[PDB]
There are 2 protein chains.
Amino acid sequence: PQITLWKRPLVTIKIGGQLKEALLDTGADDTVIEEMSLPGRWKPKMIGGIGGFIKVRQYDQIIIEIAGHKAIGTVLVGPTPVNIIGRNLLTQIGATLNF
Amino acid sequence: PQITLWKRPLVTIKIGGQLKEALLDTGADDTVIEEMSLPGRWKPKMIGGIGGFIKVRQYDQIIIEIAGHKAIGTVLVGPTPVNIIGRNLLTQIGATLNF
Ligand SMILES: CC(C)CN(C[C@@H](O)[C@H](Cc1ccccc1)NC(=O)O[C@H]1CCOC1)S(=O)(=O)c1ccc(N)cc1
Ligand SMILES: [Cl-]
């Protein structure tokens, strides 16, 4: 699908059995999802941006269905205002920025 | 061009006669650049990032060249980790997300 940017590029995703809305973000290195429970071991990490840093839990090898496309990779779970799909998963679904 | 996301989508921008590096950021509503001197009066603006809200200076009708493409629009100046080209200017250069 070809997504224009007149508005936030939001899509529906499936993770850990729940349905959520997330932003397709080329500016985000890794994917970050709001507080939720995920299975497995995790390790703490700090990610920073506009406003500073937040502490997140790094879960590896998580499966996510992005707009009907399955993908595997690291997911950061923490107090983010919005669910963000980063480059680590955008690449897996073959997303590109065109102009 | 067609930009894959295996690495940060960085591009050269030309603003105020200077060459700078900037990130094509679909998850950013506005364009935010590091401290520098811009012409005209500014208005105050509050923007929200991953770590909270910050105060920036808004300059309108600034001429900016993004990867060789000329745009003219709003540019915010403040304490940002990297120069960010947000949706306000991406729409001007006709950028889309495809997959
Ligand atoms: C600042 C860039 C370099 C990185 N951020 C991505 C950006 O797309 C970020 C996404 C976002 C949108 C709305 C609320 C909160 C975050 N937009 C952003 O700050 O929008 C501001 C600037 C203009 O409009 C509002 S990040 O969230 O800090 C980040 C850092 C590390 C990881 N692993 C993932 C995400
Ligand atoms: Cl590829």
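Lettering follows sequence order; numbering is per chain, from 1. Read the numbers this way: they start at 1 and go in the same order the structure lists the ligands and their atoms. Just so you know, these numbers use all the heavy atoms, side chains as well, and skip hydrogens, waters and symmetry mates.
Notes: drug at ligand 1 recorded as amprenavir. The name the PDB entry gives to the main binding partner of amprenavir (ligand 1) in this structure is HIV-1 protease. Those other chains that come under 4.0 Å from amprenavir (ligand 1), heavy atoms only, are A, B. Contacts of B:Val82 with amprenavir (ligand 1), taken as heavy-atom pairs under 4.0 Å, involve the side chain alone. Remark: minimum distance from atom 31 (C) of amprenavir (ligand 1) to any protein heavy atom is reached at A:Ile47 CB, 4.0 Å. In terms of N/O distances under 3.5 Å, amprenavir (ligand 1) is not approached by A:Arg8. Proximity annotation for atom 8 (O) of amprenavir (ligand 1): of B:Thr26, A:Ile54, B:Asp25, B:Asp25 comes nearest, heavy atoms only. Using 4.0 Å as the threshold, A:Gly48 has a heavy atom nearer than that to some atom of amprenavir (ligand 1).
According to the PDB, the organism given as the origin of chain B is Human immunodeficiency virus type 1. Inclusion of A:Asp29 in the set of residues having an N or O under 3.5 Å from an N or O of amprenavir (ligand 1) is not warranted. Around amprenavir (ligand 1), within 4.0 Å by heavy-atom distance, are found A:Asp25, A:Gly27, A:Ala28, A:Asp30, A:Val32, A:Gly48, A:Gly49, A:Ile50, A:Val82, A:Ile84, B:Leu23, B:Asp25, B:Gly27, B:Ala28, B:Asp29, B:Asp30, B:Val32, B:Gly48, B:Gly49, B:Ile50, B:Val82, B:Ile84.
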